[PDB]
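The model presented next includes sorafenib.
For the single chain, residues carry numbers from 1 onward in sequence order. If you're wondering, the header gives X-ray crystallography, 2.2 Å. Whatever order the structure lists them in is the order used to number ligands and atoms, beginning at 1. We use all heavy atoms of the structure for the numbers below, so side chains are in, but hydrogens, waters and symmetry mates are not.
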Amino acid sequence: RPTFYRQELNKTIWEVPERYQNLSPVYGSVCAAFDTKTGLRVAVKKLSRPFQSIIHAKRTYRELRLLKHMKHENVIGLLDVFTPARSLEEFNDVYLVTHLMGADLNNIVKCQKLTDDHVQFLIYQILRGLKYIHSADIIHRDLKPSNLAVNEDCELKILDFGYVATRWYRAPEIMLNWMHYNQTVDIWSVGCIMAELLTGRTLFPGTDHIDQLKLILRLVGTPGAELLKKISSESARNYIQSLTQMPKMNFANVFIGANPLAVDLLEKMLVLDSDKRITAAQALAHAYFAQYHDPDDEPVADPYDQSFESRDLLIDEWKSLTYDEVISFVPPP
Ligand SMILES: CNC(=O)c1cc(Oc2ccc(NC(=O)Nc3ccc(Cl)c(C(F)(F)F)c3)cc2)ccn1
């Protein structure tokens with residue numbers, strides 16, 4: 001067992017192993033830190049009140065379970081997970097050790113203008129990380145530029161914190177009510193991000209969920225009868241058919257002189273019918289990614305157990321299960 005040191009950072013008390021040094025404030029309580037074991041700079045996240053309720057406790061276990069499973073170059077990873085607690089009995093705090101994100105995707109644009117090669121590389125990497133995530137039966141559901149970390153080498157990872165409104169990137173099926181989300185809600189978001197990288201502008205800068213859906217309809221059209229077949233709710237249907245028919249615009253016209261192959265892929269991503277949306281594994285083999293695509297270096301995830309999601313449990317049970325997950329952590333190479 002490591003040896004800890006306490007400090008006030010700030011009005012919060014931080015208890016971390018000596019391995020982590022020079023903590024400075026940077027989610028909900030993150031310090032940048034020097035990881036003296038690897039020589040690297042890390043994000044250390046201290047969770048506030050992880051076990052305060054059943055919902056908080058489930059949330060905490062869910063995040064720990066997910067971070068521990070994520071083992072991909074284009075996806076956030078868990079460098080370490082620690083508690084000062086010695087026993088289940090004194091177990092109250094959970095700290096997450098992640099690589100430090102400097103700039104997100106927006107910070108990267110609001111620095112410099114992007115080549116078509118940059119869009120290719122950036123969107124390649126989002127899709128390759130998403131391929132991995134989707135294959136674990138996980139759906140991100142909040143993909144947007146603030147959830148994507150990009151280094152000085154323009155290398156990218158997917159994360160989720162919890163600009164930059166989530167709605168601008170939301171699939172239309174989410175802003176009505178579903179549920180019965182499929183994975184390609186995440187492809188819509190990617191579509192929305194990719195257009196914005198090309199255009200330098202928010203594709204659907206809705207003022208709210210209504211104005212949002214108005215903007216979406218202009219570009220892609222109002223649904224046709226084959227999509228209207230699949231809509232269950234009575235209205236639901238008395239909004240879409242109660243709104244004047246719109247033609248599906250010509251993407252080539254809307255997307256300027258962007259690369260015509262980026263215009264093709266966009267078309268295939270921003271389909272109003274979630275069933276006809278290109279998947280991540282399909283998007284990787286698109287001609288826009290010819291310079292980056294390698295069928296043999298686009299890995300999938302190990303099987304991922306999320307049966308816990310159907311369980312309603314007590315705070316102490318969620319908390320014990322988180323404690324196990326903390327104890328069974330195997331630090332990566
Ligand atoms: C400017 N510096 C910082 O503020 C800072 C804070 C950091 O802390 C973080 C610590 C943990 C997480 N947890 C996730 O990301 N959770 C996640 C949930 C669902 C899903 Cl689906 C995924 C996914 F997609 F990856 F798989 C990831 C996010 C950020 C890291 C780096 N930098």
| message | Could you tell me the main partner of sorafenib here, using whatever name UniProt has for it? | response | Mitogen-activated protein kinase 14
| request: Have a look at sorafenib and work out which part of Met101, if any, has a heavy atom under 4.0 Å from it: side chain, backbone, both or neither. | output: both
| request: Report the part of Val30 (side chain from C-beta onward, or backbone N, CA, C, O) that has a heavy atom under 4.0 Å from sorafenib; answer both or neither where that applies. | output: side chain
| task | Pull out every atom of sorafenib sitting under 4.0 Å from any heavy atom of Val75, numbered as shown with elements. | result | 25 (F), 26 (F)
| For sorafenib, the portion of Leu66 having any non-hydrogen atom under 4.0 Å away | side chain
| request: Number the atoms of sorafenib from 1 as they appear, then name those within less than 4.0 Å of a heavy atom of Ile138, with their elements. | output: 21 (Cl)
| task | Please identify which atoms of sorafenib are closer than 4.0 Å to at least one heavy atom of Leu159. | result | 15 (O), 25 (F)
| field | Per-atom contacts of sorafenib with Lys45, taking only distances under 4.0 Å to non-hydrogen atoms | value | 10 (C)
| field | Contact with sorafenib for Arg141, non-hydrogen, under 4.0 angstrom | value | no
| field | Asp160-sorafenib polar pair, N/O distance under 3.5 Å | value | yes
| Close-contact set for sorafenib against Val26 heavy atoms, below 4.0 Å | 2 (N), 3 (C), 4 (O)
| task | For sorafenib, indicate whether the residue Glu63 contacts it via side chain, backbone, both or neither (heavy-atom separation under 4.0 Å). | result | side chain
| Of the active-site residues annotated in UniProt for chain A, which is closest to sorafenib, and what is the least heavy-atom distance, rounded to 1 Å? | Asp160, 3 Å
| field | UniProt domain, chain A, most residues near sorafenib | value | Protein kinase
| field | Ligand-side contact atoms (sorafenib) for residue partner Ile133, heavy atom cut-off under 4.0 Å | value | 24 (F), 26 (F)
| task | Examine the proximity of sorafenib to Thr98 and report which part, side chain or backbone, both or neither, has a heavy atom under 4.0 Å away. | result | side chain
| Which of the atoms of sorafenib are close to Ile158, meaning less than 4.0 Å from one of its heavy atoms? | 24 (F), 25 (F)
| Per the deposit, which organism is listed for chain A? | Homo sapiens
| Which residues form the binding site of sorafenib (heavy atoms under 4.0 Å)? | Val26, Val30, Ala43, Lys45, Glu63, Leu66, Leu67, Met70, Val75, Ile76, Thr98, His99, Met101, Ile133, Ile138, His140, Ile158, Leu159, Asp160, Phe161
